[PDB]
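Structure, clomipramine included.
For reference, positions follow the sequence shown, starting with 1. Structure determined by X-ray crystallography, 1.9 Å. For ligands, and for the atoms within them, numbers begin at 1 and follow the listed sequence. We use all heavy atoms of the structure for the numbers below, so side chains are in, but hydrogens, waters and symmetry mates are not.
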Amino acid sequence: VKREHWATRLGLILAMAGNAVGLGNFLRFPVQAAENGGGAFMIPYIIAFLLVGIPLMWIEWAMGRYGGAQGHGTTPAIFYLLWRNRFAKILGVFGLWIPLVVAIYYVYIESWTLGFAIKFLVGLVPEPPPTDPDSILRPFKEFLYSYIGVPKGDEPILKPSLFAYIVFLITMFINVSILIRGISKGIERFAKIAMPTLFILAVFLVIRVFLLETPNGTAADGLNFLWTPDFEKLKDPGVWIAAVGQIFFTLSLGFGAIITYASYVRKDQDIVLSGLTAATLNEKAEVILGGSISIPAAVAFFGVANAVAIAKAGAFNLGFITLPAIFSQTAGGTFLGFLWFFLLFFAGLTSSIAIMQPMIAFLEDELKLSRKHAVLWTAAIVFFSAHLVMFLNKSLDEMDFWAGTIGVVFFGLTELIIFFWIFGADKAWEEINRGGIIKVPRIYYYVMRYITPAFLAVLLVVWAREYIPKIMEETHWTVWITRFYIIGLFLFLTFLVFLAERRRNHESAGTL
Ligand SMILES: CN(C)CCCN1c2ccccc2CCc2ccc(Cl)cc21
Ligand SMILES: CN(C)CCCN1c2ccccc2CCc2ccc(Cl)cc21
Ligand SMILES: CCCCCCCCO[C@@H]1O[C@H](CO)[C@@H](O)[C@H](O)[C@H]1O
Ligand SMILES: CCCCCCCCO[C@@H]1O[C@H](CO)[C@@H](O)[C@H](O)[C@H]1O
Ligand SMILES: CCCCCCCCO[C@@H]1O[C@H](CO)[C@@H](O)[C@H](O)[C@H]1O
Ligand SMILES: CCCCCCCCO[C@@H]1O[C@H](CO)[C@@H](O)[C@H](O)[C@H]1O
Ligand SMILES: CCCCCCCCO[C@@H]1O[C@H](CO)[C@@H](O)[C@H](O)[C@H]1O
Ligand SMILES: CC(C)C[C@H](N)C(=O)O
Ligand code: NA
Ligand code: NA
């Protein structure tokens, strides 16, 4: 062919919206917000969306469409197209490494939601007794802990239940069944089914939650806590780092995923309005839907102070333990739990296929593998690698940090510098607006060229100076097992880019 292309504009928008709308909206956002003072988190969040989220979204859509027009959907080649320096290809490897590493733990978490959905649907759930908080949360904590196999001793090892393992296998098979059908007949087709389902399930859950009321509060108290400003924290670096990190994660920015999806957009197609729409749809799903489910429910039943303590407790407690526990105290609560996990599963699935496609696109575009082989090998690498996340306690956290937290911010800055500084601000601006149904507001030219990069640069330095040291000095030794492995993955991916180069050289000397 030349390239596969999104069939319809609606399919394109829903596929991109599904790329973005995932576990980050319903699980990550609530914890981050509650953990950072709720309303106090929102100001930096909104600012990050305007100064970082929106501008980078347009930039990645532009880079992808630009690359696609020349038959390239991933950063190793696209970065090179924008800056013909071998170093561009190496920096580009992060556009394959980040999504791959994130997929290695993201699909596993996604599989938990399918496993929970299954168990809640058939009623194989814990039975709490008769209004102490712990006698109520404990059965659900044990339920999660037995599912993933949390360490009961001193060894930093996890023991996933057999059901969890088999469900991960099924989950991988489901991701493959969609990806193996390609862009239009696979990802786009699925998005047209999943997004509407996702929206309906989420609205229903918000409505149900809004009816919650106990001696400790109502869902309204939850919304008040999340949407009430606290200008006295606008000066804490930590809240800003959390806010910006969430924006990157929730919009799928810096993962090379938006770029790859955009590489299937026809060269002439608009990306300004489409990009803004995908981004806007994600924010609504995040702040309106995701923000209105778990926090209001937790606050209604336990009050703000306890809700916050829950979010800070961590380990998927809010979404996999607390919410289902709360639901169990209501009529039809087990089924509500099913709907919650089913919602999470579809949110995750539409996002995981998005972070596996970069590796698939690279194998197809640069190594010329058939889609079938590219999808199967990608799945094999993710499946194999995930065993590290399934059996080594904290490996998931380590990957989520280096690739999904630090990595994306670093890559976002990198792609911006390459596209807006090296490739050329005016050429980049031109490329972004080309074919647009609407033009990017002019003030954004200055935001992209000066504000965004300066913003990310400062964030990254603050990170390396007052946070990375603790992570490098105060963690259990087992973190090095994961660091070693993912560094190895980077090395391997660089080797593949080298092979792509050599294949390119040999076909050019065969093109003459
Ligand atoms: C009414 N049916 C069209 C929906 C079931 C098909 N579907 C689907 C839809 C569009 C494009 C690819 C795929 C692949 C198979 C698959 C796998 C899992 C799920 Cl959760 C849905 C699903
Ligand atoms: C601290 N870890 C136990 C958890 C890290 C995983 N993670 C994550 C990663 C992918 C998808 C959903 C979620 C939900 C939980 C959550 C909450 C806050 C943060 Cl900042 C990360 C985070
Ligand atoms: C292909 C790479 C394989 C690495 C070793 C994988 C071992 C998986 O082993 C399986 O794990 C499940 C969940 O913990 C258990 O329920 C099964 O009984 C066990 O056989
Ligand atoms: C979606 C269907 C998943 C079926 C796998 C369920 C695994 C849950 O549990 C396992 O089931 C096995 C066979 O029933 C038993 O031999 C194991 O002892 C038991 O732990
Ligand atoms: C870095 C990833 C390494 C994965 C190696 C997994 C080896 C699996 O090991 C197996 O796990 C089962 C369930 O936990 C146990 O029941 C078996 O006794 C054990 O041998
Ligand atoms: C990241 C690696 C996680 C590994 C989890 C391993 C759980 C293994 O289980 C252990 O395997 C050993 C060797 O087979 C046996 O000698 C032990 O008796 C057994 O408990
Ligand atoms: C920090 C980023 C803020 C983005 C808000 C942009 C609001 C758009 O602002 C509008 O842009 C148009 C096109 O440039 C101008 O013609 C209008 O006069 C201006 O009000
Ligand atoms: C890594 C990304 C695909 C994650 C997705 N944007 C989410 O919010 O879950
Ligand atoms: Na999102
Ligand atoms: Na999604």
Quiz item: Which ligand numbers or chain letters correspond to clomipramine, including copies?
Solution: ligands 1 and 2
Quiz item: Which chain is the chief contact partner of clomipramine (ligand 2) here, given by its name in the PDB entry?
Solution: Transporter
Quiz item: Which residues from other chains neighbour clomipramine (ligand 2) at a non-hydrogen distance under 4.0 Å?
Solution: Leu23, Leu27, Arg28, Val31, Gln32, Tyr105, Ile109, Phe249, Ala315, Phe316, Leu396, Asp397, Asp400
Quiz item: When you measure from atom 11 (C) of clomipramine (ligand 2) to every protein heavy atom, which one gives the shortest distance, and what is it?
Solution: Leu23 CB, 3.8 Å
Self-check item: Protein heavy atom at shortest distance from atom 15 (C) of clomipramine (ligand 2)
Solution: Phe316 CE2, 3.9 Å
Quiz item: Within the structure shown, which other ligands or ions come closer than 4.0 Å to clomipramine (ligand 2)?
Solution: none
Quiz prompt | clomipramine (ligand 2) atoms in contact with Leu27 (distance to a heavy atom under 4.0 Å) | solution = 14 (C)
Quiz prompt | Identity and distance of the protein heavy atom lying nearest atom 5 (C) of clomipramine (ligand 2) | solution = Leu396 CD2, 3.9 Å
Quiz item: Which atoms from clomipramine (ligand 2) have a heavy atom of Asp400 less than 4.0 Å away?
Solution: 9 (C), 21 (C)
Practice problem: Look at atom 10 (C) of clomipramine (ligand 2) and say which protein heavy atom is nearest, naming residue and atom and giving the distance to 0.1 Å. | Solution: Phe249 CZ, 3.7 Å
Quiz item: What is the closest protein heavy atom to atom 19 (C) of clomipramine (ligand 2), and at what distance does it sit?
Solution: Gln32 NE2, 3.5 Å
Quiz item: Which heavy atom of the protein is the closest neighbour of atom 3 (C) of clomipramine (ligand 2), given with residue, atom name and distance?
Solution: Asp397 OD2, 3.2 Å
Exercise. Provide the organism of origin for chain A from the PDB annotation.
Key: Aquifex aeolicus
Self-check item: Minimum-distance protein heavy atom relative to atom 9 (C) of clomipramine (ligand 2)
Solution: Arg28 NH1, 3.2 Å
